[PDB]
Peer 1: 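This PDB file has triclosan in it.
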Amino acid sequence: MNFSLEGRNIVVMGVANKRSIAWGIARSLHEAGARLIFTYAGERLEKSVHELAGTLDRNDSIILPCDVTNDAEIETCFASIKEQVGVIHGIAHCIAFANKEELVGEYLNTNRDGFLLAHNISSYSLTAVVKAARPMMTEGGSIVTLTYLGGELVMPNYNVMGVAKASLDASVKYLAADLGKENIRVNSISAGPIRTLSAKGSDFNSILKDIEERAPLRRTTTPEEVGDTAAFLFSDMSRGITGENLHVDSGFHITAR
Amino acid sequence: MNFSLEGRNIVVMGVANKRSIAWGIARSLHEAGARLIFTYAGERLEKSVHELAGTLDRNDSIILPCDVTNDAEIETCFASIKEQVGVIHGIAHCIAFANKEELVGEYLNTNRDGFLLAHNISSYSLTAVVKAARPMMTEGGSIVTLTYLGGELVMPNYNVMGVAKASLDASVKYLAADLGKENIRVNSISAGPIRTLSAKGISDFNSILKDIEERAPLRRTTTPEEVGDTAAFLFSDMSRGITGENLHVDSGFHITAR
Amino acid sequence: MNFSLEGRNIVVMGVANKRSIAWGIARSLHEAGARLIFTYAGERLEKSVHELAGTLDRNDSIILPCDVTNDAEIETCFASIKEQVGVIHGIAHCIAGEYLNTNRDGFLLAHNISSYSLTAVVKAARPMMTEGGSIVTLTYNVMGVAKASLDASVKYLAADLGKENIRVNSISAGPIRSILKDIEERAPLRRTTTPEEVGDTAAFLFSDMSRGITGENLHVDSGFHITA
Amino acid sequence: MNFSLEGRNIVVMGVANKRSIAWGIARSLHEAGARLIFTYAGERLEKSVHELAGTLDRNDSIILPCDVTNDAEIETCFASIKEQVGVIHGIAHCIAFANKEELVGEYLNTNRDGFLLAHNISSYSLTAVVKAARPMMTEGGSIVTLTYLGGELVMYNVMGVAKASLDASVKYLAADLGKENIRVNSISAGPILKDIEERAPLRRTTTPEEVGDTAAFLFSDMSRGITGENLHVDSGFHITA
Ligand SMILES: NC(=O)c1ccc[n+]([C@@H]2O[C@H](COP(=O)([O-])OP(=O)(O)OC[C@H]3O[C@@H](n4cnc5c(N)ncnc54)[C@H](O)[C@@H]3O)[C@@H](O)[C@H]2O)c1
Ligand SMILES: NC(=O)c1ccc[n+]([C@@H]2O[C@H](COP(=O)([O-])OP(=O)(O)OC[C@H]3O[C@@H](n4cnc5c(N)ncnc54)[C@H](O)[C@@H]3O)[C@@H](O)[C@H]2O)c1
Ligand SMILES: Oc1cc(Cl)ccc1Oc1ccc(Cl)cc1Cl
Ligand SMILES: Oc1cc(Cl)ccc1Oc1ccc(Cl)cc1Cl
């Protein structure tokens, strides 16, 4: 086996801008020679994403809208991906949401709607996407999601997000039990803190300063490092790996002390 | 210190019948000298809980309805508890639910509706009950909930229930981090399978039991008494150094599996 | 059903002084009515424990020397336990810059004293624990490696001895007394931990209240295990 | 970056025959353009390692003796690696051992010797070799060791205990060495049955190629954000009951 992804069609859901971790993954998958399929939420993000495919070397790229809440316009999105490429070999799911006033101080500032909300977007969406994409993954494939250490441990201010990530963390395991027999693998990457759109939602430079000082590899993670890990996960090089969670975070996971 | 729960009021949510784990927690806590405040899920259970509580040695037990899917009923229920006993010293969270056709076959038999229902009843309800109960919890406190190995590993057919349990597992940690400053500890018991109402709907059960009688280290299945008695510890001050923890009360099965 | 340790004989290994966690454990178990059997390593401690046994309500404690490093001595210590009481219901095992400051022999030695020793003492206690029993062990660098070895063995021990109604578990106690300050600021419960707290947890693990629990690790640390 | 191991010198230890996981691993690092330094314990393997080492093209490989007990000849070994190649970029540690009568029946079948022996060979040897290799590891690096599910909970006995020691020595080695830009990670392999084949997510068993491919990743710059990690190469067996 080798590492390349040529002839592999991968949807990368969740790019917002040049800082999106999805975007760093997009880049690494493209370098490996995959054909990317971006999906975005709304229509305000329409130009920014087209503007990013454009800047990618080869052509390839398709660009569909997909709000992950809403089964209706999820099917639309994948009926369309099938029209335009047919067999899908992979999905990078990099989509989470929480109310930002629930991510301050106490976990307890959350509430029924906010809680269900975080779980719907951050956790359920993966299952939803997988249900859609499944009929089209007929040559087997690989599914990757992004998680944070806060799913495992208590990270100041991650609060309800941490709970939903724990929910996602677990769904990864189950999805993997269901889909291994169709030779589809499901794993997560657990990225270290990196500056993104969604990253503004408390005391951030605090965390980034601590890591370079406290994490084994005295530095911060990048979207590149993550994308490179993603690239391996989407490649057959990782064919033996399913239901795993890989900390791409300078080893910060081993220091809690 | 000591084992006695004399002078403590503990709210046990989730009694349904004599087989329920909450009922095992009930006895144990009552016999350690606690005053139990029960909650049933709507009027179907009203008569059955009154009859169960009536069997206890002392006759101080309180009995209130509380349907955890609804902020208003929750505070209503808790507003009453406050009037009656003034201070609450613990909660036994024993509430779960998910759609039964979701817990057969592939995890993928779930859907947006059921997933969130399962998370709402099974995971959110804890946070819910704590928000409401927090103002009454003024002399320390112990909150205990019930999870299962399915929230750690893939268990055949546990499926979306296990994912909700994982959400629960995490909330236990975040709640504990929020509430240790007010001297309230939050923990879970991870129970081995026991035959209860809710067990039905978890298909091929006496197969799973028999397995645990052979494979389990302690070579025997769990009892609600075992669980109840670990809850007793947890509610008591003997356990005052423990919070955010998860105790497997499961005859050691968790190790023979992993 | 009861928290009492009436008529339980518990060996408590690893008492050095009034500060020992082992000692907190001793107090709490004595308090629950257990009869304590203390072991010492080297005759400097013989007097330290002998002293401490005397602070205990009842003069029912037995004092024996046991160097966990040497099998023959361990076989002797327990033969003598059996002679005096015949049967034992529990063991409390409280014996233990860069990580790269370790070396073959010190590495083995940590593992010998800190890991293997639970297995060694359990092999000896085995044929005398016929009334069922509970075994509890206490858990930085090469020590952390040895502790990890100890943790894994708890599970292997548990899986083997369950058929004999013998439970094996561990307690992880947070720092007890400068690193302290931040814990009292960063700990869920906002305080270091105490040896009473550990002890009352060991009492639970030694009684029937905990009969369904085997192969587990209990964090007595004011919640610090859940924080980053 | 790139998946190429070109111009990296990686020590591979514990090759013994064409089945050896370390061989599966040798092959994969070789394919990616690494220069392999093989080590062997005593004459039995001397032959096999040489005979096997031959198999490969681009044959720039190195062959030397190294008993992982015996601090001196570990020193002897790496002193020589230094002479012949200057700088080391990785170790593939694939050594494990415990008496077989002890990996049968109860865990309590073990004794003081087999216990310590198992820890020596299976856990300490990683520290021994990282210590001896460290000085010559002056261009960043990657250390990768071989574990299994028995260190995580019950499956295997005293070897599971040893692997737990191993697993903890990894996190520690990682924390010490990140500063010098050296990564330390473990692969936990599936069995290399009838059980795994029908109850593992990917409905199949593990191949040494799957293990080698994962290694190539961790030795390469693709995995540069990862340290103190334990990857399960096991058709998802770790997630099951
Ligand atoms: N940034 C970090 O340090 C870090 C660490 C660990 C995990 N993560 C995870 O990485 C993932 C990507 O976020 P990011 O950090 O790159 O920030 P980002 O804001 O750049 O990306 C988040 C994406 O989620 C999308 N999204 C929100 N609601 C959506 C909806 N309903 N339908 C479709 N898309 C929706 C946004 O459009 C955006 O594309 C998230 O799941 C996040 O939790 C980030
Ligand atoms: N029996 C087992 O094998 C086992 C094992 C591990 C964990 N558990 C857990 O124990 C807990 C209790 O379940 P059980 O097994 O004792 O079964 P049970 O059916 O006896 O109790 C479940 C209870 O939740 C209550 N409930 C459901 N929806 C509610 C809502 N709308 N509002 C308020 N209450 C509601 C039900 O009335 C019922 O009393 C659950 O969390 C379950 O997951 C059970
Ligand atoms: O998961 C994350 C983890 C970190 Cl450290 C930083 C940013 C993250 O991503 C988010 C944070 C908050 C919200 Cl509301 C949405 C998203 Cl996508
Ligand atoms: O969580 C559980 C685990 C086990 Cl082994 C047995 C029963 C359980 O409890 C439930 C199972 C299914 C549903 Cl719908 C509701 C509940 Cl309360």
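Lettering of chains follows the sequences in order, A, B, ..., and the numbering in each one begins at 1. Both counts, for ligands and for their atoms, begin at 1 and track the order of listing. Determination method: X-ray crystallography, 2.6 Å.
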Peer 1: I'm trying to find triclosan in this model - which chains or ligands should I check?
Peer 2: ligands 3 and 4
Peer 1: Quick check: main partner chain of triclosan (ligand 3), as named in the PDB entry?
Peer 2: Enoyl-[acyl-carrier-protein] reductase [NADH]
Peer 1: Within the structure, which other chains come under 4.0 Å from triclosan (ligand 3) at some heavy atom?
Peer 2: A
Peer 1: Is any heavy atom of the protein nearer than 4.0 Å to atom 16 (C) of triclosan (ligand 3)?
Peer 2: yes
Peer 1: Identify the organism from which chain A comes, per the entry.
Peer 2: Bacillus subtilis
Peer 1: What protein heavy atom is closest to atom 7 (C) of triclosan (ligand 3), reported as residue, atom name and distance in Å?
Peer 2: A/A199 CA, 3.8 Å
Peer 1: Closer than 4.0 Å to some heavy atom of A/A96 - which atoms of triclosan (ligand 3) meet that?
Peer 2: 15 (C), 16 (C), 17 (Cl)
Peer 1: Are any of the N or O atoms of A/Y158 closer than 3.5 Å to those of triclosan (ligand 3)?
Peer 2: yes
Peer 1: To the nearest 0.1 Å, how far is atom 12 (C) of triclosan (ligand 3) from its closest protein heavy atom, and which atom is that?
Peer 2: A/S198 O, 3.5 Å
Peer 1: What atoms in triclosan (ligand 3) come closer than 4.0 Å to a heavy atom of A/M161?
Peer 2: 1 (O)
Peer 1: Which of the numbered atoms in triclosan (ligand 3) are under 4.0 angstrom from any heavy atom belonging to A/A98?
Peer 2: 14 (Cl)
Peer 1: Give me the pairs of N or O atoms, one from triclosan (ligand 3) and one from the protein, that sit under 3.5 Å apart.
Peer 2:
residue              : atom  : partner : partner atom : Å
triclosan (ligand 3) : 1 (O) : A/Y158  : OH           : 2.7

